[PDB]
4 protein chains.
Amino acid sequence: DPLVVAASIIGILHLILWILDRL
Amino acid sequence: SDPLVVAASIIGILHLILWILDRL
Amino acid sequence: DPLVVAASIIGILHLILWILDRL
Amino acid sequence: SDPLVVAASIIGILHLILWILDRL
Ligand SMILES: C[C@H](N)[C@]12C[C@H]3C[C@H](C[C@H](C3)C1)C2
Ligand SMILES: [Cl-]
């Protein structure tokens with residue numbers, strides 16, 4: 001489903017952004 | 001087709017939106 | 001899949017805890 | 001069981017672990 005695929009991409013992006021914000 | 005996965009998908013998108021706004 | 005169920009629950013819990021942290 | 005969903009599930013669990021630890 002596009003919703004689950006989009007949320008999966010966004011979840012991976014969120015971790016990337018959060019790690020970068022903390023560092 | 002799982003309502004929990006659908007709900008958690010919406011919530012995950014909302015979480016990123018809220019977190020970006022909080023940081024900016 | 002128990003993994004996707006668990007990540008769904010953890011994702012919901014994560015948003016709740018983070019909102020309460022921000023408040 | 002899509003590899004993308006499996007990876008994002010693992011990453012979402014890791015994200016909660018890391019975030020709790022950081023806030024502590
Ligand atoms: C990262 C999200 N908690 C989420 C949880 C579930 C696994 C994937 C896709 C969506 C459902 C959203 C990641
Ligand atoms: Cl934060």
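Order of the sequence lines sets the chain letters (A, B, ...), proteins ahead of strands, with each chain counted from 1. As a basis for the values below, the full set of heavy atoms in this structure was taken, side chains included, without hydrogen atoms, waters or symmetry mates. Atoms within each ligand, like the ligands themselves, are counted from 1 in listed order.
Drug identified at ligand 1: S-rimantadine. The chain in largest contact with S-rimantadine (ligand 1) bears the name, in the PDB entry, of Matrix protein 2. Other chains within a heavy-atom distance below 4.0 Å of S-rimantadine (ligand 1) are, by letter, A, B, C, D. With non-hydrogen distances under 4.0 Å, the site around S-rimantadine (ligand 1) consists of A7(A), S8(A), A8(B), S9(B), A7(C), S8(C), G11(C), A8(D), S9(D). For atom 1 (C) of S-rimantadine (ligand 1), the closest non-hydrogen atom on the protein side is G11(A) CA, 4.0 Å.
With respect to atom 9 (C) of S-rimantadine (ligand 1), the closest heavy atom belonging to the protein is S8(A) OG, 3.4 Å.
Source organism (PDB) for chain C: Influenza A virus (A/Jinfang/132/2002(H3N2)).
Taking atom 4 (C) of S-rimantadine (ligand 1) as the reference point, the nearest protein heavy-atom neighbour is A8(B) O, 4.6 Å.
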